Amino acid sequence: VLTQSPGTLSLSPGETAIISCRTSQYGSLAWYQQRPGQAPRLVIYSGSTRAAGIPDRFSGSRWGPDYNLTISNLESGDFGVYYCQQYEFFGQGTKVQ
Amino acid sequence: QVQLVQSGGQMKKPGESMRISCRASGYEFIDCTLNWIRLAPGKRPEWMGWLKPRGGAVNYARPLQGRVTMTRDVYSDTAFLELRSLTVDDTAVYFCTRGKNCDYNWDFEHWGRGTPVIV
Amino acid sequence: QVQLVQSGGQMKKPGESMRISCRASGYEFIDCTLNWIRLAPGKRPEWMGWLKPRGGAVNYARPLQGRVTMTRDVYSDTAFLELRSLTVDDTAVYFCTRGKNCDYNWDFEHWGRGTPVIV
Amino acid sequence: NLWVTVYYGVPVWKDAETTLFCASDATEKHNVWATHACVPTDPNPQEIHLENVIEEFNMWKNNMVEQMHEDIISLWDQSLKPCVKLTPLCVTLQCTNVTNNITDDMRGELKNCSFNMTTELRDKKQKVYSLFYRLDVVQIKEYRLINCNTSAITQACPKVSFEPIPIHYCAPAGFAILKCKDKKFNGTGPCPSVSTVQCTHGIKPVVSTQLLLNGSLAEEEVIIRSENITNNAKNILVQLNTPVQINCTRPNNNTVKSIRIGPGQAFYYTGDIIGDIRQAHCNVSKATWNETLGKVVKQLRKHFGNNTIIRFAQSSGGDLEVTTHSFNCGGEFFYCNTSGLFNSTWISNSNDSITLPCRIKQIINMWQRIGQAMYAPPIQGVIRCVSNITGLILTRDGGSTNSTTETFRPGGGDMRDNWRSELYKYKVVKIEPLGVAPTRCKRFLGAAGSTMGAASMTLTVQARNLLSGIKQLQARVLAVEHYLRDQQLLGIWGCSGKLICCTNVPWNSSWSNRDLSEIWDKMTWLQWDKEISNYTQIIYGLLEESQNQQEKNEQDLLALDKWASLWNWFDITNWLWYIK
Ligand SMILES: *[C@@H]1O[C@H](CO)[C@@H](O[C@@H]2O[C@H](CO)[C@@H](O[C@@H]3O[C@H](CO[C@H]4O[C@H](CO[C@H]5O[C@H](CO)[C@@H](O)[C@H](O)[C@@H]5O)[C@@H](O)[C@H](O)[C@@H]4O[C@H]4O[C@H](CO)[C@@H](O)[C@H](O)[C@@H]4O)[C@@H](O)[C@H](O[C@H]4O[C@H](CO)[C@@H](O)[C@H](O)[C@@H]4O)[C@@H]3O)[C@H](O)[C@H]2NC(C)=O)[C@H](O)[C@H]1NC(C)=O
Ligand SMILES: *[C@@H]1O[C@H](CO)[C@@H](O[C@@H]2O[C@H](CO)[C@@H](O[C@@H]3O[C@H](CO[C@H]4O[C@H](CO)[C@@H](O)[C@H](O)[C@@H]4O)[C@@H](O)[C@H](O[C@H]4O[C@H](CO)[C@@H](O)[C@H](O)[C@@H]4O)[C@@H]3O)[C@H](O)[C@H]2NC(C)=O)[C@H](O)[C@H]1NC(C)=O
Ligand SMILES: *[C@@H]1O[C@H](CO)[C@@H](O[C@@H]2O[C@H](CO)[C@@H](O[C@@H]3O[C@H](CO[C@H]4O[C@H](CO)[C@@H](O)[C@H](O)[C@@H]4O)[C@@H](O)[C@H](O)[C@@H]3O)[C@H](O)[C@H]2NC(C)=O)[C@H](O)[C@H]1NC(C)=O
Ligand SMILES: *[C@@H]1O[C@H](CO)[C@@H](O[C@@H]2O[C@H](CO)[C@@H](O)[C@H](O)[C@H]2NC(C)=O)[C@H](O)[C@H]1NC(C)=O
Ligand SMILES: *[C@@H]1O[C@H](CO)[C@@H](O[C@@H]2O[C@H](CO)[C@@H](O)[C@H](O)[C@H]2NC(C)=O)[C@H](O)[C@H]1NC(C)=O
Ligand SMILES: *[C@@H]1O[C@H](CO)[C@@H](O[C@@H]2O[C@H](CO)[C@@H](O)[C@H](O)[C@H]2NC(C)=O)[C@H](O)[C@H]1NC(C)=O
Ligand SMILES: *[C@@H]1O[C@H](CO)[C@@H](O)[C@H](O)[C@H]1NC(C)=O
Ligand SMILES: *[C@@H]1O[C@H](CO)[C@@H](O)[C@H](O)[C@H]1NC(C)=O
Ligand SMILES: *[C@@H]1O[C@H](CO)[C@@H](O)[C@H](O)[C@H]1NC(C)=O
Ligand SMILES: *[C@@H]1O[C@H](CO)[C@@H](O)[C@H](O)[C@H]1NC(C)=O
Ligand SMILES: *[C@@H]1O[C@H](CO)[C@@H](O)[C@H](O)[C@H]1NC(C)=O
Ligand SMILES: *[C@@H]1O[C@H](CO)[C@@H](O)[C@H](O)[C@H]1NC(C)=O
Ligand SMILES: *[C@@H]1O[C@H](CO)[C@@H](O)[C@H](O)[C@H]1NC(C)=O
């Protein structure tokens with residue numbers, strides 16, 4: 001029902017990552033990060049609210065039925081797979097490299 | 001302090017049935033939902049179902065109805081996911097998850113270690 | 001609701017003894033006085049006695065003193081009227097009665113079915 | 001030139017939660033569901049409609065539901081507490097199938113289940129034969145009771161009945177219950193028409209899992225209540241326009257007998273079944289249920305796509321409480337299989353009863369607590385009920401990608417939904433009587449929507465309602481504390497007397513000016529309190545400083561000793577010799 005773009009995002013350290021997510025339903029959108037080999041962890045919920053322990057680097061804001069995840073000054077703990085989530089519906093996921 | 005501990009490392013061939021246990025601790029087990037998530041490499045994540053352990057009420061994802069069962073033990077705070085009629089497309093890591101709070105359960109801060117299953 | 005239930009139809013000869021039960025229900029059996037009335041055609045109504053089934057206290061009428069005993073089983077909620085040396089003039093219908101309220105005893109509102117006794 | 005004035009008792013509302021006390025209309029009845037801590041009800045004497053008020057009602061987050069859940073749980077536990085424990089009955093039973101005299105199938109799965117037991121004298125023992133339902137007994141043919149290895153079982157006292165008795169919930173002094181009288185009120189939104197009521201409309205504690213029974217009915221049409229119906233987790237409550245009559249029964253004579261398990265303790269069990277062993281059943285008229293499902297389908301089609309195919313289905317899984325309709329009838333607990341009434345499919349657009357099988361358990365663990373259970377004693381004779389299926393609880397099977405089909409299943413397990421179905425209209429509002437307004441002086445609950453100045457003419461009545469186990473004492477003490485706080489603040493401002501008090505504080509333009517023309521003419525007090533809520537602390541502080549400290553100093557000993565014929569000496573100088 002929802003999707004996200006780009007499928008793969010090839011960036012270098014220190015650059016800013018932007019990931020877009022298109023939704024066809026009204027509902028709060030959460031963003032999750034998956035480190036390769038570990039369980040995924042929530043990075044933000046309700047579109048713009050951060051989970052506990054997440055630095056200020058992660059943020060997001062948008063208008064209309066679209067959402068944006070912005071990640072400034074990428075660090076080594078980044079470069080996972082980033083998932084959209086609506087009411088028990090996920091996106092295909094964006095792999096940041 | 002909320003912790004979810006999963007048993008795993010299972011390998012199954014097509015046609016077999018499988019069971020995963022998920023022990024929950026650090027919070028009142030009864031009053032808060034659990035959800036099951038299937039993450040496969042290269043596929044979209046699939047939500048498998050939710051379980052309310054107070055009455056054991058279970059909601060299965062529509063594509064998997066007739067295959068999935070979820071039960072629970074409250075005296076030993078465990079949630080059991082049983083999946084039947086495995087196929088090659090069921091290879092994935094299975095997670096037991098709970099929301100940030102027990103009013104809006106979709107904000108899954110708390111995830112288990114993850115149970116790999118290879119078929 | 002208040003109900004008093006008796007068992008009757010006794011047929012006796014002169015000189016024999018008789019026992020009539022009166023099961024009380026609805027009101028708290030141990031918090032209200034019972035009375036035993038005798039009715040018959042021709043002769044007046046006669047009061048037999050009162051029973052306070054907490055201490056078991058009893059008061060008998062003067063014509064019947066030495067012949068009439070009253071007992072109470074608080075666990076079956078059952079009063080008992082025992083009469084000795086029954087004779088022809090005691091042929092009558094016996095009532096187990098309770099007052100309208102438990103403060104004034106002589107407003108007999110609650111009467112049982114009645115217990116015929118033919119000597 | 002408009003300056004501050006202080007009003008006490010203006011009608012305004014804060015949505016704070018509070019403890020709400022009992023109100024139950026007035027010996028056999030005292031056995032059941034009544035702790036006689038509950039005052040007799042007045043005959044709905046004060047239902048003051050409020051005209052032109054728009055209040056936000058949210059059924060899903062109201063403290064009355066949680067308070068009622070706690071109160072009903074405590075009532076149940078208090079009723080059970082002075083009753084015989086069945087810890088002696090956790091013994092090894094040798095069970096055999098019920099005697100059909102041939103190999104005929106046992107119906108209801110009754111099992112003979114002899115055991116050794118105890119008696120009043122500690123030394124002796126008494127073999128007992130007692131038919132137990134198979135759901136109650138678990139194997140270890142050696143058999144034991146279901147709950148022995150987890151929880152102690154407390155028998156319900158034999159005389160005690162469980163039939164629902166209406167309970168009216170009435171707010172304490174200083175808090176007023178607001179009822180939303182709007183028809184077609186889906187439970188979460190602005191309510192066009194509100195009324196103030198002292199006591200709720202006698203809510204009946206009735207415990208039913210899938211299908212609500214004996215509840216209140218809607219006036220116009222079926223109503224579908226759910227917060228975020230898109231969400232799968234949240235239960236869809238359904239209030240039905242027309243009652244559907246369910247006729248329920250156990251057809252067994254059920255010869256009951258008693259034994260004494262100890263000093264002053266008795267155990268009641270099924271000695272025998274005189275008649276044929278027959279299954280318990282519940283009948284629902286097929287045509288009535290078909291029409292009811294059609295109406296529910298229409299209201300559900302409104303929320304989802306109009307083209308969508310709405311399909312019902314049996315409950316997917318859970319405990320026997322969740323998976324099957326649970327309810328008590330005449331003191332006997334029925335678990336009825338609703339798959340007969342929910343397996344239809346509705347595609348986009350008689351005198352035969354759907355008979356639901358029912359199984360009866362004696363050992364009930366209701367409220368789903370850990371470590372507790374209750375043995376319901378068997379009831380002699382055939383039992384019947386004629387309940388009305390006034391409401392339903394549903395949940396939508398989720399996770400589907402595209403596709404027009406929506407699967408709805410019976411749901412439950414959490415009993416808060418039952419009481420949400422009845423307490424949806426009610427809200428609890430605190431009364432914050434104090435208020436501050438502009439005026440040129442410069443020196444119950446009715447008419448809430450009436451503009452300012454109309455309120456003042458009736459002001460006193462609100463001041464009359466204020467001031468009127470452990471939680472009730474806390475409620476009363478907090479009411480007294482709130483009243484003393486309000487009176488102390490009134491005194492510190494110089495307004496020791498209640499009602500209108502005028503004070504010399506200039507109405508600053510910063511404090512939400514508003515033009516000071518329609519404020520008093522066209523507007524009600526609540527919208528004002530919405531406007532000036534943020535500035536209220538500054539106004540209170542300035543009131544205290546201006547007409548309490550400065551007024552004390554300019555009416556301190558100043559003017560106490562007034563003898564001044566040579567006043568203003570630094571001006572008596574100014575025309576002492578200047579005139580010369
Ligand atoms: C289930 O629960 C969820 C919450 O968990 C509920 O979802 C919320 O529903 C409400 C309505 O009940 C939604 O408000 C409506 O949203 C519409 C769009 O609002 C978003 O976008 C606008 C900007 O839109 C402009 O641009 C659009 C694209 O060109 C265009 O289509 C539109 O017309 C406008 O020109 C933002 O200003 C607004 O903040 C909001 O932002 C969304 O996206 C961002 C992404 O970053 C996210 O942060 C936000 O949370 C949100 O997702 C809009 O149609 C509608 O406006 C109507 O009302 C206004 C009143 O001011 C009126 O001016 C206008 O004419 C319309 O009548 C309204 O605002 C709300 O966004 C939903 N929130 C979420 C989180 O999903 C859901 O309703 C509930 N379901 C049920 C059944 O109860
Ligand atoms: C939804 O609401 C309906 C409608 O009220 C309820 O149906 C009632 O169910 C109760 C029991 O659950 C019924 O009350 C019981 O009826 C039995 C028959 O009563 C006999 O005696 C009375 C004397 O007044 C006569 O009028 C009547 O004709 C019969 O001769 C009795 O078994 C019960 O009384 C006995 O047990 C109780 C213990 O509870 C004792 O207090 C009594 O002293 C006595 O020993 C009792 O009266 C009632 O009749 C039903 N109403 C009807 C048919 O209209 C549903 O129960 C309710 N649904 C749910 C799920 O709660
Ligand atoms: C769900 O709704 C469905 C649609 O109405 C129901 O499915 C139908 O259920 C019937 C009953 O089983 C199926 O079988 C029919 O039954 C009789 C013959 O049954 C005989 O044997 C049974 C033994 O159990 C006995 O009880 C009966 O009295 C009979 O003696 C015939 O009339 C038919 O030929 C047919 O075989 C139907 O096939 C089935 N229909 C469909 C379209 O699937 C279903 O019962 C509903 N479920 C519930 C729980 O109510
Ligand atoms: C008390 O006994 C019950 C019944 O044996 C235990 O529950 C499970 O029952 C199922 C029924 O199919 C068995 O397959 C399981 O093996 C039982 N569990 C166990 C651990 O044996 C229940 O767990 C027991 N309670 C406690 C607290 O141990
Ligand atoms: C449960 O089994 C017992 C033992 O077989 C049955 O009790 C017997 O009942 C028969 C028929 O009424 C009597 O003649 C015997 O004297 C009883 N035996 C004893 C040892 O008491 C009992 O009837 C069975 N339960 C039923 C039929 O519900
Ligand atoms: C409620 O009754 C229905 C009656 O059909 C039962 O449905 C059966 O469920 C079993 C369980 O696997 C299936 O094998 C049958 O095919 C079902 N029958 C039909 C016609 O669909 C249901 O199991 C009962 N529920 C409970 C809790 O006893
Ligand atoms: C009782 O009946 C069941 C079927 O419900 C059967 O399997 C079992 O063998 C029977 N047991 C005895 C002791 O007769
Ligand atoms: C009851 O106790 C006696 C004591 O001798 C024992 O032999 C017998 O097996 C017990 N009976 C049952 C039915 O458990
Ligand atoms: C119906 O409920 C929805 C939420 O599902 C709410 O937004 C809306 O205001 C309600 N409608 C009314 C009260 O008319
Ligand atoms: C149960 O059996 C007794 C035996 O005396 C009989 O009087 C009674 O009517 C029976 N009960 C029913 C409901 O038929
Ligand atoms: C239920 O019983 C009543 C009488 O108590 C009868 O009028 C009604 O038709 C019955 N309803 C059903 C659905 O069997
Ligand atoms: C009766 O039920 C059938 C089958 O579910 C349905 O097609 C029909 O519309 C219903 N009739 C009504 C509600 O009048
Ligand atoms: C059941 O429905 C009928 C018909 O509307 C109604 O008169 C009756 O009062 C209802 N029963 C109860 C117990 O509310």
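Chain identifiers are assigned alphabetically (A, B, ...) following the order of the sequence lines, protein sequences preceding nucleic acid strands; residue numbering begins at 1 within each chain. We show just part of the entry here, counting contacts only within that part.
- At chains A and B, of the options KD-247, Lu AF82422, HLX10, VRC01, GA101, the drug present is VRC01.
- Against VRC01 (chains A and B), the chain with more heavy-atom contacts than any other is given by the PDB entry as Envelope glycoprotein gp160.
- Other chains with one or more heavy atoms under 4.5 Å from any atom of VRC01 (chains A and B): D.
- Source organism of chain D, per the entry: Human immunodeficiency virus 1.
- Between chain D and the chains of VRC01 (chains A and B), the most heavy-atom pairs below 4.5 Å involve chain B.
- By residue number, the epitope of VRC01 (chains A and B) on chain D (heavy atoms under 4.5 Å) reads D/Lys61, D/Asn147, D/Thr150, D/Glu227, D/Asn228, D/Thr230, D/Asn231, D/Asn232, D/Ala233, D/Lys234, D/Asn235, D/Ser316, D/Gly317, D/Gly318, D/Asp319, D/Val322, D/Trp367, D/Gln368, D/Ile370, D/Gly371, D/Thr395, D/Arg396, D/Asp397, D/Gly398, D/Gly399, D/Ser400, D/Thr401, D/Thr405, D/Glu406, D/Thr407, D/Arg409, D/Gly412, D/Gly413.
- Listing residues of VRC01 (chains A and B) within 4.5 Å of chain D (heavy atoms) gives A/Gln25, A/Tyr87, A/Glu88, A/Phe89, B/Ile30, B/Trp47, B/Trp50, B/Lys52, B/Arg54, B/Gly55, B/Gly56, B/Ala57, B/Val58, B/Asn59, B/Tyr60, B/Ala61, B/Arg62, B/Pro63, B/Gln65, B/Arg72, B/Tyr75, B/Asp103, B/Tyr104, B/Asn105, B/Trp106.
- Formally, the PDB entry designates chain A as VRC01 Fab light chain.
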